[PDB]
Every structure is written in structure tokens, then in C-alpha cells.
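The structure to be discussed contains rucaparib.
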Amino acid sequence: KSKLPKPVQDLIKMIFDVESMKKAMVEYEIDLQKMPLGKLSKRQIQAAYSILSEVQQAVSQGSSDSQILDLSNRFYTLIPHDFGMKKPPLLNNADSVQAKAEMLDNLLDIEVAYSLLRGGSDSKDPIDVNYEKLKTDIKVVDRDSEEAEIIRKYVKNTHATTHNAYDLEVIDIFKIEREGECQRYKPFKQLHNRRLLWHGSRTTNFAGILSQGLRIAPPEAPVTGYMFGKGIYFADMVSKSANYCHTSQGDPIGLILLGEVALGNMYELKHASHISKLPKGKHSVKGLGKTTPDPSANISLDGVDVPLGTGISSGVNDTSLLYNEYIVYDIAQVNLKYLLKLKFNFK
Ligand SMILES: CNCc1ccc(-c2[nH]c3cc(F)cc4c3c2CCNC4=O)cc1
């Protein structure tokens, strides 16, 4: 019944598939009898974040084993897991809290997506119904267009040497514009240094990402793992962001984003720092990597500089980063331009 293009139709089907939501939850070890998709709520994930933040402070303070156990038990009581024989992994370190926090980041977007799906008027094709739910215009970029060529070159060129486990294939290029996002970004368009950068996420998140845009982790969330504090992270290297799709031989198709990001005065940093407050004058944070995209090969797509230069070496050898990463701490500093459907070819 829907007049929408097949790639768009196929995209709506994909980002709203309830089975891949459950499949994610199962992989996460969650008890689906006690915690089914429906019972999953914003308030419990908020509460769970808060417990993880407590576990972090308990680790920082170097609190009692009794404390860390009761704290760990409280988390698993809130987010019921099912290991069968295996005893629940004790949350008593940075990696443990970071891990569970990232799970919650995902569960939160899953809740966003499932709620969106269940909500609204219940005629009109369901694929059309759900496309409208995303409040995002999705248009297909022609395979043989100047646009597509620029994008595919950026994908080919900024594919790292280290990420040699896969080969990326651009199945579909979508030109997207989220409802009201353009007006939101318009004041930050006045800022200098507007770059077109990569953002990779699990497919289960993309309904929420298109629905509410990219967002920053709440206050409740632990500051652990966020190398440069809670903000929106980006890469000039397709590989770096493609990693975050969590693709496999099983599910080799993943989704990536191209977004206009107003960086302005970048706070160029070598090593990790949980910022919270940026220095007076600065608008973003640039994690300086040992490998930088060729600056002498920077292109200008719609008056936005695309660093599609081949992976060359940067002068900094005294850094904890292998590649460049960019962080903004105001969600309006981003305007999403493209969504790419990539096929990961493993070896
Ligand atoms: C606890 N979770 C911590 C955490 C989770 C995700 C990210 C992150 N850093 C990035 C740097 C970068 F350049 C690109 C990306 C990311 C991400 C995750 C989001 N996607 C990116 O492509 C960073 C920290």
C-alpha cells in the first residue's frame, strides 16, 4: 500500500524490528521472563544508572566488599539477568560499570523505539505509519550522483589499517533531515569549524536516534569510560565509528551516520579528561590521534569540510589515541545529514 522507496521501506522494517530488540536483550543476558520488552521503562534505566554511579564511587572510595555486593545485588534486582548456573558477575571495577552502563545506553534507546512503535493512532500501511513516527525525512541519494561519490570516497579513504577484520560496502546512502533539528542547529551554524563526521551505533538505537537525534548521557549515568566526559562523540575515520555498529558474520549489515558538527574552538587534547566544564572560549574537544586524514586533501560538501583525505600520520606521537575523535557537549551543535547502510565483509 506504501508509495515509499524500497530502501527506505527496508530501513523502517530494520530499525523497528522487535525481534532484533529481543535478540539484543538476550545477548545482554537479561531475564526475559522478569524483564520482557514491554516491562522495560525509562525510570528503571535511570535508577540503574544511579546504582552504577554508586558502584563507581564505591570503587573510588574503596568501600567494603559487603557494600559493593549489596550495590551489585541492587543492580541485578532492578535489571534481572538470567545466567542459569553462572553466578551474576560482580560489579567491582571500572570495566564492569562501563560495560553495564553501555548496556543501559542501548536498553534506553530500545525502550524509546518499542514505546514509539506501540504508541500513536491504531487504514494506512504500517511502514508509512512508522516512517511518520520517526519525524525524519528520509530521501535516497542516487548511486551515481556527485553526493554519493564524495561519501563513498570518505568511506574508502578513512577505513583504518588497524580495523583489518572487515571490508565495508555502502549498500544505501540516505539524505536525512530530522524534524526541527535544522532550526535547533541554525545558531551554532554561525560557529567556525563545521566538519562532516562519522557516528556509529547499534541498529536497535537508530529508531530513537532518528526520533530524538543523538543525545548526551544523563547526569545519573556514571562518568566512567567517557574519555572526554558525557558528550556526543564522532570520528573522522569510518572504521572507528563502523566498529560501534556491533556487526558480525551473523548480522553483517549495520548503520552509520554523517553529521554536520559545529566544533568551533576545539580543545585539542592528547589524553583522557572528564571535562564537565569546557575552557572559556572553547566549543568542542578534539582527541588527537596518531593517524590523521590527509589535511591537504580536505573537500567542501555544501560548504562543510569533509576530511576524506587518506589515512596519513600526525605529528603527535605522545598521545593515548590511535585515531582522531571529536566531542560536542550541547546537542544543538549537531545536524545529521546522512544515514549509510553498510555491509561488513569479514575474513
Ligand atoms: C560507557 N560508554 C563510553 C563510551 C561509549 C561510546 C563512545 C564513543 N566514542 C566514540 C568516539 C568516536 F569517535 C566515535 C564514536 C564513539 C562512541 C560511540 C558512538 N559512536 C562513535 O562512532 C565513547 C565512550
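Positions are given from 1 along the sequence. Both ligands and their constituent atoms are indexed starting at 1 by order of listing.
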Chief binding partner for rucaparib by contacts (from the PDB entry) = Poly [ADP-ribose] polymerase 1
Return the UniProt-listed NAD(+)-binding residues of chain A that have heavy atoms within 4.0 Å of rucaparib.
-> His199, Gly200, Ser241
Which UniProt-annotated domain of chain A makes up the bulk of the interface with rucaparib?
-> PARP catalytic
Which of the UniProt-flagged active-site residues in chain A is closest to rucaparib, and what is the least heavy-atom distance at 1 Å precision?
-> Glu325, 3 Å
In this entry, what is the source organism recorded for chain A?
-> Homo sapiens
Please list the residues near rucaparib, using 4.0 Å as the heavy-atom limit.
-> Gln98, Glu102, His199, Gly200, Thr224, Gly225, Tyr226, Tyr233, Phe234, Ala235, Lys240, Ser241, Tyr244, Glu325
